[PDB]
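The following structure: methotrexate with dihydrofolate reductase.
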Amino acid sequence: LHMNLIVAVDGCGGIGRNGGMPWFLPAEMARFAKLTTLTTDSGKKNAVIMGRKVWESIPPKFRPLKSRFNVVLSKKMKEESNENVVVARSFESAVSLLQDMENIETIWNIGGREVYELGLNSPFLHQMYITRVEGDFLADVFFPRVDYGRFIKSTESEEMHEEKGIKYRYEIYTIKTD
Ligand SMILES: NC(=O)c1ccc[n+]([C@@H]2O[C@H](COP(=O)([O-])OP(=O)(O)OC[C@H]3O[C@@H](n4cnc5c(N)ncnc54)[C@H](OP(=O)(O)O)[C@@H]3O)[C@@H](O)[C@H]2O)c1
Ligand SMILES: CN(Cc1cnc2nc(N)nc(N)c2n1)c1ccc(C(=O)N[C@@H](CCC(=O)O)C(=O)O)cc1
């Protein structure tokens, strides 16, 4: 059972501004949905684990994230009536429930700085799929401080991408104990 982190950070390490995203990148978001949705074993599902403010920053039409199992960490949210969503009061309990479910193939840590930090300290930590966006978007939330020395960066050829006047590039990292 793998836990991969997926994030889009800017030149300063920013991920959030004013409770929302500092940018909108539809092609990047499409790649995000593909990476987080597609499983190898047909019929098996992925799980996304997110913090409450991520959940609330998703457009409610796209919410819950379709074809995935949503786990929202929150100490304040009421239980979610929907079946593809569960509210988990702690990281450890969320990870316990996920490793308990048989049909979950890969757990995608999709955001919340604290969610990211707890994942980075997790035994299930596998890969980081980072989208390095160029420039300073005046973010107020950031990605955790991470020791990249624990990781091996994939060497595949990664071109630059540009949409909406914004440039960015994909990077992949794998924990060195694999
Ligand atoms: N650029 C990106 O790739 C990216 C990735 C994700 C999000 N974002 C942006 O980043 C910002 C949100 O990230 P955030 O870090 O500010 O808020 P968040 O982490 O998304 O959600 C924070 C909330 O999650 C809950 N939570 C987190 N860890 C928990 C734990 N261990 N146990 C229990 N509850 C826990 C708490 O909810 P309660 O307050 O209800 O306890 C906490 O207040 C938004 O702007 C979002 O759009 C961007
Ligand atoms: C605010 N937020 C958090 C968020 C945004 N961008 C990211 N970008 C990356 N690279 N990684 C992340 N974890 C990430 N997280 C959002 C907002 C909307 C949707 C969303 O609606 N996704 C659709 C896909 C949207 C699309 O196809 O354009 C899906 O079904 O997955 C996801 C995350």
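In this chain, residues are counted from 1 in sequence order. Numbering of ligands and ligand atoms starts at 1, following listing order.
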**OP:** Provide the full list of ligands or chains for methotrexate.
**Re:** ligand 2
Original post:
Which residues in other chains are near methotrexate, meaning a non-hydrogen atom under 4.0 Å away?
Top reply: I6, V7, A8, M21, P26, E28, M29, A30, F32, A33, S57, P59, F62, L65, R68, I110, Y116, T131
Subject >> Proximal methotrexate atoms for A33, defined as those under 4.0 Å from one of its heavy atoms >> reply: 24 (C), 29 (C), 31 (O)
Original post:
What other ligands and ions have an atom less than 4.0 Å from methotrexate?
Top reply: ligand 1 (NADP nicotinamide-adenine-dinucleotide phosphate)
Subject >> Sub-4.0 Å atoms of methotrexate with respect to non-hydrogen atoms of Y116 >> reply: 13 (N)
Subject >> Element-labelled atoms of methotrexate that are located less than 4.0 Å from some non-hydrogen atom of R68 >> reply: 29 (C), 30 (O), 31 (O)
Subject >> Contact (N/O only, under 3.5 Å) between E28 and methotrexate >> reply: yes
Original post:
Under 4.0 Å from any heavy atom of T131, which atoms of methotrexate are there?
Top reply: 10 (N)
Original post:
Just distances here: any N/O of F62 and N/O of methotrexate closer than 3.5 Å?
Top reply: no
Original post:
Taking only heavy atoms of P59, which atoms of methotrexate are found under 4.0 Å from at least one of them?
Top reply: 18 (C)
